[PDB]
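What follows is a model of Beta-lactamase carrying bound doripenem (bound form).
One is the number of the first residue; the rest follow in order along the sequence. Just so you know, ligand 1 is whichever comes first in the structure, and atom 1 is the first atom listed for that ligand. Determined by X-ray crystallography, 1.9 Å, according to the entry header. No hydrogens, no waters, no symmetry mates; every other heavy atom, side chains included, goes into these values.
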Amino acid sequence: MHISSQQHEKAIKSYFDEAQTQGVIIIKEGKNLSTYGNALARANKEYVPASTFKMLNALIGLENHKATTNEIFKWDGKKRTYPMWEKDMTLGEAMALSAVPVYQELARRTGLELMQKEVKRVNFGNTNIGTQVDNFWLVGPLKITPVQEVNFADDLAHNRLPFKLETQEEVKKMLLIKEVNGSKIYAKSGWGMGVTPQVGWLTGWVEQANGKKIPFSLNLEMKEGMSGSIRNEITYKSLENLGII
Ligand SMILES: *C(=O)[C@@H]([C@@H]1N=C(C(=O)O)[C@@H](S[C@@H]2CN[C@H](CNS(N)(=O)=O)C2)[C@@H]1C)[C@@H](C)O
């Protein structure tokens, strides 16, 4: 192409600078990792996965028959942080709304012993879930780097995780968040509010019209004041700058 790598790096860094945060976005083309943003050293640092863990929670629950894709988890009628959570939903709907109460129910059905075994089996992050089955992805001890998240997304996009093909396909259908002139973006967002500083994620992949999958993981510091949509806006501007969408 004609745009210098200096120009691309400067543009993407500026997206993070303009949002007044510190962050990175890692892109993988084939086996090659590229790191962009205004805080590149974040790439190999560990953070809690927060709601990004719902991807793996869903795979484990479906694989081990703790839920089906059409099962409706009923709202128990207790007040929730967000009104959109106060309703009955499938795993797929709960994935789109990041409804942690539904995924806490799923984690409790899986149980600590099986959860620890499966997280170990998948080799996810530091693989440490500790003794509380319903919050380990939110406040620790489970942590993962942006590099590990992009490689997770790569494995899921390519059906390479150690679950049935059908399990992987059912979860990937839950993750479609955007369609852009023939490209589809699959991703899960994360906003870890139970740690300091607070971490923001958007981890996923672009499926281009020709079938090629380009995984990415954005990771940044969320600060009170910020809108969740900054995660998507930075990601889309970055993939667009590089010509991926
Ligand atoms: C996951 O990381 C946390 C969860 N993820 C969120 C996200 O934005 O990534 C939020 S909740 C999400 C934003 N608002 C939607 C509901 N809308 S409404 N109109 O307010 O009912 C859902 C949240 C912090 C999770 C671990 O808590």
State whether the shortest distance between N or O atoms of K188 and N or O atoms of doripenem (bound form, ligand 1) falls below 3.5 angstrom.
no
Heavy atoms only, cut-off 4.0 Å: how does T81 contact doripenem (bound form, ligand 1), side chain, backbone, both, or neither?
neither
Flag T52 as yes when one of its N or O atoms lies below 3.5 Å from any N or O atom of doripenem (bound form, ligand 1), and as no otherwise.
no
When you measure from atom 18 (S) of doripenem (bound form, ligand 1) to each heavy atom in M84, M193, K54, which option holds the nearest one?
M84
Protein heavy atom at shortest distance from atom 25 (C) of doripenem (bound form, ligand 1)
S51 OG, 2.9 Å
Under 4.0 Å to a heavy atom of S98 - the qualifying atoms of doripenem (bound form, ligand 1), by number
1 (C), 4 (C), 5 (N), 6 (C)
Quick test of your reading of the structure: of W137, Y82, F53, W85, whose heavy atom lies closest to atom 27 (O) of doripenem (bound form, ligand 1)?
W85
If you count the atoms of doripenem (bound form, ligand 1) from 1 in the order shown, which ones are under 4.0 Å from a heavy atom of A50?
2 (O)
Could you tell me, atom by atom, which parts of doripenem (bound form, ligand 1) come under 4.0 Å of a heavy atom of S189?
7 (C), 9 (O)
Return a yes/no value for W191: is any of its N or O atoms, backbone included, closer than 3.5 angstrom to an N or O of doripenem (bound form, ligand 1)?
yes
Can you sort out which atoms of doripenem (bound form, ligand 1) are near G190, meaning under 4.0 Å from one of its heavy atoms?
2 (O), 9 (O)
Going by the atom numbers of doripenem (bound form, ligand 1), which of them fall below 4.0 Å from some non-hydrogen atom of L138?
26 (C)
Taking the non-hydrogen atoms of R231, is any one of them nearer than 4.0 angstrom to doripenem (bound form, ligand 1)?
yes
Inventory of protein N or O atoms under 3.5 Å from doripenem (bound form, ligand 1) N or O:
unit_1, atom_1, unit_2, atom_2, d
doripenem (bound form, ligand 1), 2 (O), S51, N, 2.8
doripenem (bound form, ligand 1), 2 (O), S51, OG, 2.3
doripenem (bound form, ligand 1), 2 (O), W191, N, 2.7
doripenem (bound form, ligand 1), 2 (O), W191, O, 3.3
doripenem (bound form, ligand 1), 5 (N), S51, OG, 3.2
doripenem (bound form, ligand 1), 5 (N), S98, OG, 3.1
doripenem (bound form, ligand 1), 8 (O), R231, NH2, 2.9
doripenem (bound form, ligand 1), 9 (O), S189, OG, 2.6
doripenem (bound form, ligand 1), 9 (O), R231, NH1, 3.0
doripenem (bound form, ligand 1), 9 (O), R231, NH2, 3.3
doripenem (bound form, ligand 1), 21 (O), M84, N, 2.7

